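Structure of pyrimethamine in complex with Dihydrofolate reductase.
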Amino acid sequence: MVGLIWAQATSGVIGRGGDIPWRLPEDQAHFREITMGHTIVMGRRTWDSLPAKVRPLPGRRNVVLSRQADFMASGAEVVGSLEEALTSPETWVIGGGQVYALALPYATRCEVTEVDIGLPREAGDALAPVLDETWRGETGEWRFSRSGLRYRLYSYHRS
Ligand SMILES: NC(=O)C1=CN([C@@H]2O[C@H](COP(=O)(O)OP(=O)(O)OC[C@H]3O[C@@H](n4cnc5c(N)ncnc54)[C@H](OP(=O)(O)O)[C@@H]3O)[C@@H](O)[C@H]2O)C=CC1
Ligand SMILES: CCc1nc(N)nc(N)c1-c1ccc(Cl)cc1
Ligand SMILES: [Co+2]
């Protein structure tokens, strides 16, 4: 099982300037719950976005995708292809934009947090991948985050 998990603005933006233009503690808890214990695969830029004092993310096999043969990610595995990372029973691809696009053919689940923030797409933004007709989607109710933004959770599945 390979799943993708991301939070997006309604526009599809997931990242800007190498970081994220919101922070929802409820989304962080959801992300932690879904990925805990499992493999997490991230692009090198997403690894770079984590403060050194917080990485590797606890309780998970942290894997970083990079073209750099000597790139060192202390506390993680660095691999040069996504296929190398898929050896565990449950694998979550945790971003960013480039790696979601690369992982989508292997994926059967997408766990999406939609953040009700009006954020037009700008050049250089990382975006959520486009899900074609093979994906079945299940939507939760809109909720209020303590950060003031509404959010809702989608669960997309396909065989
Ligand atoms: N809202 C959310 O849920 C999430 C948001 N984000 C945001 O997304 C943004 C980062 O996403 P993005 O900029 O797309 O960068 P990625 O995190 O997708 O990492 C890109 C890097 O992955 C490596 N890579 C890409 N393609 C390949 C390949 N074919 N083979 C080997 N290695 C490859 C390269 O590493 P190298 O250059 O070392 O070769 C490349 O620079 C940030 O803003 C981050 O905050 C991140 C995760 C989730
Ligand atoms: C809590 C933010 C978040 N929410 C969701 N729904 N998915 C994610 N993949 C992330 C995320 C973004 C960047 C990093 Cl470094 C780790 C996780
Ligand atoms: Co689990």
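We're numbering straight along the sequence, starting at 1. First listed ligand is number 1; within each ligand, the first listed atom is number 1. Side chains included, hydrogens not; waters and symmetry mates left out as well; all remaining heavy atoms used.
Counting all copies, pyrimethamine can be found at ligand 2. Among UniProt domains of chain A, the one with most residues near pyrimethamine is dhfr. The distance from pyrimethamine to the heavy atoms of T113 drops below 4.0 Å at these ligand atoms: 6 (N). Atom 7 (N) of pyrimethamine has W6 CA, 3.3 Å as its closest protein atom, hydrogens excluded (heavy atom only). According to UniProt's NADP(+)-binding annotation of chain A, the residues with a heavy atom under 4.0 Å from pyrimethamine are as follows: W6, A7, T46, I94. The distance from pyrimethamine to the heavy atoms of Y100 drops below 4.0 Å at these ligand atoms: 9 (N).
Within pyrimethamine, the atoms closer than 4.0 Å to a non-hydrogen atom of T46 are 15 (Cl), numbered from 1 in the order shown.
Among all non-hydrogen protein atoms, the one lying nearest atom 1 (C) of pyrimethamine is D27 OD2, 3.4 Å. Within pyrimethamine, counting atoms from 1 as listed, the ones closer than 4.0 Å to a heavy atom of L50 are 15 (Cl). For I20, the closest heavy-atom approach to pyrimethamine falls below 4.0 Å. In terms of protein heavy-atom proximity, atom 10 (C) of pyrimethamine is closest to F31 CD1, 3.9 Å. Of all substrate-binding residues UniProt records in chain A, the ones placing a non-hydrogen atom under 4.0 Å from pyrimethamine are as follows: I5, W6, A7, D27, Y100, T113.
The contact residues of pyrimethamine, taking heavy atoms under 4.0 Å, are given as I5, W6, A7, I20, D27, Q28, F31, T46, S49, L50, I94, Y100, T113.
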